[PDB]
Enquirer: 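A structure from the PDB, with chlorpropamide included.
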Amino acid sequence: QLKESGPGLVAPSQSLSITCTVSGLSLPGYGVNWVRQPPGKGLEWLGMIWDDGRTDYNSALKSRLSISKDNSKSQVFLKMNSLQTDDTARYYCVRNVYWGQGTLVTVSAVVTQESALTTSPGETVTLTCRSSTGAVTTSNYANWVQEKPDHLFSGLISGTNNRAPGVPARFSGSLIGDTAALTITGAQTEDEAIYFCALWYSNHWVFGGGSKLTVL
Ligand SMILES: CCCNC(=O)NS(=O)(=O)c1ccc(Cl)cc1
């Protein structure tokens, strides 16, 4: 499990410090990611620290960000200076398919998904995830993350097609044409939610705009 600890409220042009505290027995994946969601906007990848200690950053934010770790305290850190108003958002740390509940901070390549879809219980539905740079392959390690009311995030599929533990068998990840695809076979009412895909581009993640699946 993962748990963010943030100052709640930060002043414009001052700096932001969030601590991600990592607890449990197993550590799936290869490091710890920082992601944020501005209120009412989509998910945005911020950066990652690998288990060897190396870091990658959202290039658009690289100049203001620094990520570190304290292996003795089992924690990973996010620092961002020069806080702007558009920096208001929930901040999540994520390891593989596990997301923390996030902390809300208030300041004092393109991936395209179907924007909306409707289905009926027992019918099968497919969601798609297109890259603007070309075809999607397993080298992109397609992730599918389910946001269920309202800011709780859970990884459904990682590595294009690896079902996360405890995820119902009706969810399967695949490639279809040049897109990544998430198939919900025999959808149920409990699958009404928002589904985000993310694609790996050699040194950074990029999230899609998310799909609102309504189940009648
Ligand atoms: C090896 C090239 C990329 N692979 C990778 O990042 N694997 S990971 O640690 O398990 C991971 C899973 C989901 C997210 Cl969103 C972020 C990281």
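Since chain A takes its numbers from the PDB entry, the residues it shows come out as 20-127, 145-252. Atoms within a ligand are numbered from 1 in the order they appear, just like the ligands themselves. Any value given below was found using the heavy atoms of this structure, including those in side chains, with hydrogens, waters and symmetry copies removed.
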Enquirer: What is the name in the PDB entry of the chain with the largest share of contacts to chlorpropamide?
Expert: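 It is most in contact with anti-sulfonylurea antibody scFv.
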Enquirer: Can you tell me which residue and heavy atom of the protein come closest to atom 2 (C) of chlorpropamide, and the distance to 0.1 Å?
Expert: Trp236 NE1, 3.2 Å
Enquirer: Do me a favour and list the nearest non-hydrogen protein atom to atom 17 (C) of chlorpropamide with residue, atom name and distance?
Expert: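 Checked against all protein heavy atoms, atom 17 (C) of chlorpropamide sits closest to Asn52 ND2, 3.3 Å.
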Enquirer: Using a 4.0 Å heavy-atom cut-off, say whether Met67 meets chlorpropamide through its side chain, its backbone, both or neither.
Expert: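 Looking at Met67 and chlorpropamide, just side chain atoms fall under 4.0 Å.
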Enquirer: Please write down residue, atom name and distance for the protein heavy atom closest to atom 13 (C) of chlorpropamide.
Expert: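 Of the protein heavy atoms, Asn115 O, 3.0 Å lies nearest.
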Enquirer: Does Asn179 have a heavy atom less than 4.0 Å from any atom of chlorpropamide?
Expert: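 Yes, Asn179 has a heavy atom closer than 4.0 Å to chlorpropamide.
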Enquirer: Below 4.0 Å from chlorpropamide: does a non-hydrogen atom of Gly50 turn up there or not?
Expert: yes
Enquirer: Just need the protein heavy atom nearest to atom 10 (O) of chlorpropamide, so name the residue and atom and give the distance.
Expert: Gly48 CA, 2.9 Å
Enquirer: If hydrogens are left out, which of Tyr237, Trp69, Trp241, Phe243 has an atom nearest to atom 14 (C) of chlorpropamide, that is, the closest non-hydrogen atom?
Expert: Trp241
Enquirer: Name the organism the PDB gives as the source of chain A.
Expert: Mus musculus
Enquirer: Write out the residue and atom name of the closest protein heavy atom to atom 1 (C) of chlorpropamide, then the distance separating them to 0.1 Å.
Expert: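 It is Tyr49 CE1, 3.4 Å.
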Enquirer: Give, by chain and number, every residue with a heavy atom within 4.0 Å of chlorpropamide.
Expert: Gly48, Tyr49, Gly50, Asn52, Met67, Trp69, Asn115, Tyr177, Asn179, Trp236, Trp241
